[PDB]
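Featured here: a structure holding erythromycin.
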Amino acid sequence: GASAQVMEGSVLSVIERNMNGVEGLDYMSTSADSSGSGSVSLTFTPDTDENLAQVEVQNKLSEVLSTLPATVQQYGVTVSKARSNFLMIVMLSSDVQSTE
Amino acid sequence: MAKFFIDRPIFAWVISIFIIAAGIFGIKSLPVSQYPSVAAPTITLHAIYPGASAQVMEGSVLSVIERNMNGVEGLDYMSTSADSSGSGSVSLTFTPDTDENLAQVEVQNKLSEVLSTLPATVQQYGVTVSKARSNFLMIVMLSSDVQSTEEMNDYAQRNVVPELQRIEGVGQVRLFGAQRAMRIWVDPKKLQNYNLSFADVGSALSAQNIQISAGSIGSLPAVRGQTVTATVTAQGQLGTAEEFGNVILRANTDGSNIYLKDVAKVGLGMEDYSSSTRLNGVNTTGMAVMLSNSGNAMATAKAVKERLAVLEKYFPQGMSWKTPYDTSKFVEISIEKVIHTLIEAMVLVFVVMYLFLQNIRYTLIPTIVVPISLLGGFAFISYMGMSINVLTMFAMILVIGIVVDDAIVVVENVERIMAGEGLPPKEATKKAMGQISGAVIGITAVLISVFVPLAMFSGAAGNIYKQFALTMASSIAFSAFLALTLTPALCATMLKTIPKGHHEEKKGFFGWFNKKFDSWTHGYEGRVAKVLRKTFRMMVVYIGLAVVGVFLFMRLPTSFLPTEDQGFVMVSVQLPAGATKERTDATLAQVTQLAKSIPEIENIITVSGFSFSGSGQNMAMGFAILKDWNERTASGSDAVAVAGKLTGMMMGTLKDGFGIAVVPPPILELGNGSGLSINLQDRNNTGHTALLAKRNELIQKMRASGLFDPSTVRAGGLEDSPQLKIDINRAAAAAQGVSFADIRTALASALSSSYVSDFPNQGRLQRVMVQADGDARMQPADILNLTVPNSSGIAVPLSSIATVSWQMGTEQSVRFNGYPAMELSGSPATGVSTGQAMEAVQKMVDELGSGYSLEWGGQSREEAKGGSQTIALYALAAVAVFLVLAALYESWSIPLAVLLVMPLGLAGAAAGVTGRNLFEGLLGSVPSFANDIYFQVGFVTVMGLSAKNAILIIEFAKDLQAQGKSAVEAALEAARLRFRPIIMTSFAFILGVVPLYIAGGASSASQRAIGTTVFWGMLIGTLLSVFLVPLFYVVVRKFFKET
Amino acid sequence: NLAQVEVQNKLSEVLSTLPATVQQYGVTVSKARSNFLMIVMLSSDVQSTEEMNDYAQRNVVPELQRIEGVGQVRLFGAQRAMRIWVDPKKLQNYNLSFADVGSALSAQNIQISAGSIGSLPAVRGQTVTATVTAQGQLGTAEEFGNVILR
Amino acid sequence: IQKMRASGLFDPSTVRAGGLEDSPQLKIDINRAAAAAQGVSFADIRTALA
Amino acid sequence: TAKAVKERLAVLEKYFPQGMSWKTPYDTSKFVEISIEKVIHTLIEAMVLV
Amino acid sequence: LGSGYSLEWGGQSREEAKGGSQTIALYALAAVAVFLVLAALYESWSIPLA
Ligand SMILES: CC[C@H]1OC(=O)[C@H](C)[C@@H](O[C@H]2C[C@@](C)(OC)[C@@H](O)[C@H](C)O2)[C@H](C)[C@@H](O[C@@H]2O[C@H](C)C[C@H](N(C)C)[C@H]2O)[C@](C)(O)C[C@@H](C)C(=O)[C@H](C)[C@@H](O)[C@]1(C)O
Ligand SMILES: CCCCCCCCCCCCCCCCCCCC(=O)O[C@H](COC(=O)CCCCCCCCCCCCCC)COP(=O)(O)OCCN
């Protein structure tokens, strides 16, 4: 139940502003959509570890989680240190049952 | 190596170029801060529970959170603090060898599994989990005098805070003040008139103000033939006060709906209303900047100032920004002092070399070799992950005197060989290298073995010693490598052959100086020959001097860091129990009027509602910032004199309450003067009165029947205060139609506040609170008029249900390791060991019944450990030095003679410190020198220099005895040969340390503390060694006839 | 450490989809061995095993589970609590049920937070401030025995 | 995007925006005065829209 | 860990109520320490035999 | 376009920008390394120049 500007101005912008100062942070990118969702991607720099970066991001996010709206805290903010390009695509085919 | 690099100067030059490049790369790639991280990982929670006492908050939130924080890897101890302000704190101090990020994530995970068992309001406000470590950089104060403090806070949070935390190097920006919210002051008289309640207001605010989520028209699981889909929007929240004032509280059939503006008043206000900051009397908004790791302090401060100017170019009319305090100028002053010291040392070395060698091409070698050693040390400290701070700069300043002596001795030996044998520079350099290579290697090994144990201590003191150790040892190693690699090449290429007998036909001032120096050398040789004749009396005199030095060292006060004039003094004001904030504001105004009456104070910052001792309406604190050191060069102008004057003016002016001014010492983890802290814990949970009685009994035992300086033994917590407890009678309530939730609702609606809903105020969400019209809740006779509703109506005046009375309740609750604890702060007077005092305190606590324990807190936890690691480390270092000297000299007796010069420097340093203390005392001043870390560093430096000189003398005396000379003749020749380089190096070191002896200004305590020690130690050590080293050699040669 | 961090992250995402009782009791994550290193006894002849279990949970278990190397301390028992054994033969007489008992216990044993007389946002001329306290809670057996069901 | 096309360096049919193609939406403006004068609480509208 | 637990128990025994005691009839560190001592004795015997 | 509208890169393009000032630095570093190595090995300032 939020706009593309309310989600940023109330949830994403706060995390983006409080996520500065992390060691190895190269840049950030915030993207909110009209479906009531937002994504803050932090792209780190070389000479940086992945687990330490995730731990520092979680520490910075938890100390600022007391300011976000109540419904966001109910749903929670999920962390994903995963890639975005596809390696394989498995396809299941059948003629005796539907796709559901 | 000495002969390999003498025929290949280009290879040595390439190695030096690589070292310089690595040093420059490390210097450009090092963090910059005023002090390193010497504390341990600490995690804090800071829960919020408004409108509650200390016991309720503690037993409801803090105990529940503390009983689950058991099992975290690396937990040292934990403490719990609660007050009457409505806040709590659970501080977990972690054992070393622990990462603070892992500790914080573990604490958050442990709190996540117990958060659902806390009260509803605690979950609404939330529980934070942060780390106590902070790298403070600057303070940005915004003062308008034309706008409210809440307006300035909102402006800073909306246009200033997000602009400062985006700068390179900034790690955190913290605002001091409550945010903005929508406050509704509800008059209870209107509610009782319209027959309403606070629950009705809460329901109306939570129902009329809610976010609506509609969805999409033409959603995906649609019917065949859909071509358009659109998101549906619906606004169901309020954002202005007029909209909140139209909230319907009750709708009737005929109409006449009761709005929120008919029984209450809505408006924008603050969320806490507690703290208030003022700068010189005007309203101010506080913003604290914390420096980030792997960042710079000077560049970050400059960028912050530039951004602040660019923002003030858009500020409204009346606002103004200031930066009264900044910890980035201390490292600036330290770097400029290091550069000035390096330049002065180079000038002194040039002067002494031109005076003693009578040529100009001898002075270029030290000037070329010293900066390379400094760059190598910088590169090493950059490789080890260290940073540039005051301690590293002081270590670099202290190591300048040692890195030049290698080049000095090399050039002196080369020049002596060239003037004696008349050989060209190549052969003379080869001979000098073949003579002194093993000696240089042994000296380097001894210095490394002496400086290694400094980096093996535990605690904050160990972290402080590690900087000096890793800097000085690296600088010494690089200087040794340069003296073995580049110095011989420069001496062989940059020098020219001296004609036969060229010195004598020379005349003028140089001839007179040569004549005088030769006469002094002959006199010194005669005196040494006289000393080598009466060996028994000289040895007994040496033993007497050593025992006197040991006695003078053992009779010195012990400390960690001398108090430094940081440029500001803190002031804590406390009022009687039950005082409101108006009296505290009046006292703060009086304190400001008194502080601006002192010409040494530039800006005064007063904070009302917060103090380090406690947080309450009667507590207050302020920070009087002083002017620059250049404008405070007088007697009664330092921080201590200003603090004394402020205290004297407060004790004669402050009628209500008392205020004490203290100058903040160096790093608070290594804080001296606190004495000895104890925490008395109740094991069986007997109560508060029993624990207070036991605390009073322990205080009486330590004061009268003890030795803990009765002028210091006192409680350090907070005495009880009058309260207004309400004892409800369940029998009387059961006899009527009143339930027990009715009393709870009435008490929650009467005094305390409530957090009901949220609202968007121009982009950001803010809270909506109800304070119940504070005009009513002013007198104690207001709760006794609260009529609590019965089953049908409300007729009970609450005097038949409960009885109100006055009692003495605690205003602060403290727990230590899961037990109720009370803190005490004693102090030994003087000449009494802290170990025996701690044993006496432990025995006294054991005298009480089984169920009352004691535990140390702060620095006492480290003092509880026996001081055996230092003695063991020093013994191991001495054994390593003996082994290295035995491997060098190839004997078991010569190291015994070399090790006899250690007590000389110690006695000299102790005598110098005692003399300076006496001079300060007789002239009215107080003794400012003790046995601190700087004294130990200076003593280690002077003992290393004395060991180097003794090693050189003993090597020259031993290699001259294998040619057919006796011990006395060999010692005399070695002394006559080593007289000149020792004198030159001593003069250079003393003239370079003199600027640190009378240092006055920024960071002058540590400067003088190291300068006096090193100066007197070097002077006495040289004066004693030049006559006692040959004596020790002769004694060891005659006592242990070799194999 | 990282494995436990990711496990906590995965558990926090499905913790709200569990029953109310599981959230009341909570889910405990641990990393320790399944075998025992030692067994500590608390033999006595004056107190029963319930008092000894309570004392061990209050003073012995927390002191032992904070030692370096300890992964878990399982007490063969449980701490003290207030047990209410209801007779269903008597609930039918007064037409009562377990829901009434639970509601009475939750409504008559709730902590009260009063506040402060003379709070900070006050009138000009306020000199005295006092914290108001009310117990509103039961901690004794005969106090719980007097809970009003009707 | 317009000046990137027809410039020789970028080929057409590839220069595209990465936006979400801002769309028309339905806006529902609630009148609290009418809902109060007719006897409709603000929670009923929220339940109906949800 | 066993040594630390035993030391903590010996320290906490001073606060126990009158009547109760403590003991660890099941402990695995004793076997380890006795095995280490036996192996050290065997090493000393081998040294003297050589 | 004017001021205020800056430009940022995404994906490999940023890396391509990083390849704008690193090539000259790499070439200079290789040249100076060869010079220093030759001067240290052959003991001359003229051989590496040639
Ligand atoms: C170099 C270490 C510095 O420590 C801090 O700055 C920390 C960050 C604050 O304490 C910390 C202490 C801490 C950690 O306590 C738990 C924290 O929670 C609070 C906010 O202040 C300080 C003293 C600020 O106090 C706070 O100023 C705010 C404008 C209002 C706030 N008040 C409403 C409460 C008050 O406390 C204040 C005034 O900037 C101090 C300025 C004036 C100084 O000159 C002093 C010398 C500081 O440079 C400092 C002590 O050297
Ligand atoms: C009569 C005889 C006279 C003989 C000679 C007289 C006195 C000569 C005095 C010479 C002074 C030399 C000054 C050196 C300039 C220091 C520049 C430091 C640059 C830097 O950051 O570090 C370098 C680049 O690293 C990177 O990879 C960063 C990438 C960007 C670097 C941009 C620099 C381009 C090339 C500049 C030349 C570099 C100097 C040559 C090394 C690598 O240094 P390092 O840490 O690798 O050191 C090797 C450790 N084993």
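In the text below, chain A, chain B and the rest are named by the order of the sequence lines, each starting its count at 1. Only part shown; contacts counted inside that part. As the structure lists them, so they are numbered: ligands from 1, and atoms in each ligand from 1.
Put simply, copies of erythromycin show up as ligand 1. Going by contact count, the macromolecule most engaged with erythromycin is what the PDB entry calls Efflux pump membrane transporter. The other chains with any non-hydrogen atom less than 4.0 Å from erythromycin are B.
Within 4.0 Å of erythromycin, judged by non-hydrogen atoms, the site holds B:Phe136, B:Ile139, B:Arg174, B:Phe176, B:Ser275, B:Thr277, B:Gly286, B:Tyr325, B:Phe568, B:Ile605, B:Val607, B:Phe610, B:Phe612, B:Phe623.
Atom numbering of erythromycin starts at 1 in the shown order; those under 4.0 Å from a heavy atom of B:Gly286 are 29 (C). For atom 51 (O) of erythromycin, the nearest non-hydrogen atom of the protein is B:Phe568 CZ, 3.8 Å. Closest protein heavy atom to atom 17 (C) of erythromycin: B:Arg174 NH1, 3.4 Å.
Residue, atom and distance of the protein heavy atom nearest to atom 41 (C) of erythromycin are B:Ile139 CG1, 3.9 Å. In this structure, atom 30 (C) of erythromycin is in close contact with the protein, since a protein heavy atom lies within 4.0 Å of it. Of the protein's non-hydrogen atoms, the one nearest atom 16 (C) of erythromycin is B:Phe610 CZ, 4.6 Å. The protein non-hydrogen atom at the shortest distance from atom 21 (O) of erythromycin is B:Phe176 CE2, 3.9 Å. At least one protein heavy atom sits closer than 4.0 Å to atom 2 (C) of erythromycin. The protein heavy-atom contact nearest to atom 5 (C) of erythromycin is B:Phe136 CD1, 4.3 Å.
Atom 32 (N) of erythromycin has its closest protein heavy atom at B:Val607 CG1, 3.3 Å. For atom 25 (O) of erythromycin, the closest heavy atom belonging to the protein is B:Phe623 CE1, 4.2 Å.
Close approach of erythromycin to B:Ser275 is summarised as follows: ligand atoms under 4.0 Å from at least one heavy atom of the residue are 33 (C).
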Between erythromycin and the protein, which N/O pairs are shorter than 3.5 Å?
{"residue": "erythromycin", "atom": "18 (O)", "partner": "B:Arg174", "partner atom": "NH1", "Å": "3.2"}
{"residue": "erythromycin", "atom": "18 (O)", "partner": "B:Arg174", "partner atom": "NH2", "Å": "2.6"}

